[PDB]
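Structure showing bithionol engaged by Transthyretin.
For reference, chains are lettered A, B, ... following the sequence lines as listed. To match the PDB entry, the residue numbers of chain A are left as they are there, and the shown ones run 10-124. All residue numbers given for chain B refer to the PDB entry; the residues shown span 10-124 in order. We number chain C the way the PDB entry does; in order, the residues shown are 10-124. Per the PDB entry, chain D residues shown: 10-124, in order. In each ligand, atom 1 is the first atom listed, and ligand 1 is the first ligand listed. Structure determined by X-ray crystallography, 1.5 Å. Computed from heavy atoms alone, side chains included, the values below leave out hydrogens, waters and symmetry copies.
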Number of protein chains: 4
Amino acid sequence: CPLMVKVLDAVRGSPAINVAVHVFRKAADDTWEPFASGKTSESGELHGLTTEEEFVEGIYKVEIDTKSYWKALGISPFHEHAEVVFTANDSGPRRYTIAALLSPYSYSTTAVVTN
Amino acid sequence: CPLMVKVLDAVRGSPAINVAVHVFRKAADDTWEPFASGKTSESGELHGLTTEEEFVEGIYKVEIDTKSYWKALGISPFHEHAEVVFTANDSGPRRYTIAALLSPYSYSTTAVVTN
Amino acid sequence: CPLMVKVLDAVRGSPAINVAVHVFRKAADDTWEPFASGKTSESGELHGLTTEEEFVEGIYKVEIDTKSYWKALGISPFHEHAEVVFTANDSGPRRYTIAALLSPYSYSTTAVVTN
Amino acid sequence: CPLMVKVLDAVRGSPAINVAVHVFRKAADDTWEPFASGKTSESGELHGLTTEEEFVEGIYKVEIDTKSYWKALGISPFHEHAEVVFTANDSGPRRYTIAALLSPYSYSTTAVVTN
Ligand SMILES: Oc1c(Cl)cc(Cl)cc1Sc1cc(Cl)cc(Cl)c1O
Ligand SMILES: [Ca+2]
Ligand SMILES: [Ca+2]
Ligand SMILES: [Ca+2]
Ligand SMILES: [Ca+2]
């Protein structure tokens, strides 16, 4: 599992469940092509987005749909989404965990990269 | 000053100086068109981006060039940039401050919206 | 102003106003003795805590009463308070800003140390 | 496992390994009595601090030795440690995960509380 996403809710102190996540990869013409998508589980984790074969070098964008998450909880948040944009696999295959910690007017994102 | 940006460096414990910031407004065809830009000052702040007359309701993207900032310090970064996307909504007088706290493999962003 | 404290609210996207802050200095017997205190202003800032003459090298603790802040807003918090513990070191002119970004089940703190 | 601690390094994008963690519980005389301690593994996780029987109601303090972590990496950090202070189990037993994200001049902490 080369790309995993974890989302936590800083208001409730819980995993953020059922958060939609869309991954894009920059194409040769510099547009964002759709790459993979999914939603977080009851643990706040999203596994199975991609495979070692599919997850080639490139510039990837992970768009976490934080607005829909907050709206479903009856909350009007500030951001449209949380975006993480990074170059992947430039020195060979790595495993990436993108973590996001959500508040209505704030978010933090961190990456854990392992070989 | 309806829109201000502040950037902090969590490695050195200092304002993030000379960071390029580009602001875009979402156009009717869903593209991002340039709206305002600048570089943070010695205090890590970027003032004078826009005026009340031109800062209308809409979806805005603030792109902070974190990768170039880290490279100028000789520090290896993860992200290509930090992207903060939000809707500006007229509800009485409102000033927007977008703050970003930068680390090489993590960033936090928050919005301070005051009257 | 050698020591300033700033507190932000990540749920409401606002300065955290009227937050009690107590500063302690570590004494020779390893106990924490009161040094300075106050409440954040309408801008979320607490100025005038100490003077350059009295703010000597040492270990300091900044206790932010986050629990009372959240209770006054009717929001259920996790932490009893936020504690920021650091050594002040004389190395040329130095001003210390301790910033805290508050959510009910999370907080971030950073130090901005300038000349 | 009712109390677990996870620590990540925001400079390297990795688990923070071999971080010492000391847990205290407030005694009847209002002093901090030692409760449990350990160090993070290669995954940045610390398991086995306590048991369901031992982890009674009370006010607990989790002190994460961030200064030693940074010093071992040849880095001079700002904070002495990262402290998390919270009331536990007041509405019955819960499971607590305390996560900490570390930078030399900044840290974030979050709690995930499950039933
Ligand atoms: O989701 C997390 C956040 Cl927001 C902060 C911290 Cl200090 C830990 C976690 S869990 C987690 C996050 C990442 Cl990037 C990698 C792994 Cl292996 C985790 O367990
Ligand atoms: Ca390559
Ligand atoms: Ca409107
Ligand atoms: Ca000294
Ligand atoms: Ca009870």
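In this structure, the ligands or chains belonging to bithionol are ligand 1.
The letters of other chains with a heavy atom under 4.0 Å from bithionol (ligand 1) are A, D. The binding site of bithionol (ligand 1), defined by non-hydrogen atoms within 4.0 Å, is formed by A:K15, A:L17, A:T106, A:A108, A:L110, A:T119, A:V121, D:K15, D:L17, D:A108, D:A109, D:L110. The PDB entry lists the organism for chain A as Homo sapiens. If you check which protein heavy atom lies closest to atom 7 (Cl) of bithionol (ligand 1), you get D:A109 O, 3.1 Å. In this structure, atom 16 (C) of bithionol (ligand 1) lies nearest to the protein heavy atom A:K15 NZ, 3.5 Å. In chain A, UniProt L-thyroxine-binding residues less than 4.0 Å from bithionol (ligand 1) by heavy-atom distance: A:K15. The protein atom (non-hydrogen) at minimum distance from atom 2 (C) of bithionol (ligand 1) is A:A108 CB, 3.7 Å.
When each atom of bithionol (ligand 1) is checked for a heavy atom of A:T106 under 4.0 Å away, the hits are 13 (C), 14 (Cl), 15 (C). Those atoms of bithionol (ligand 1) with a heavy atom of A:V121 less than 4.0 angstrom away are 13 (C), 14 (Cl), 15 (C). Of all protein heavy atoms, the one lying nearest to atom 5 (C) of bithionol (ligand 1) is D:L17 CD1, 4.2 Å.
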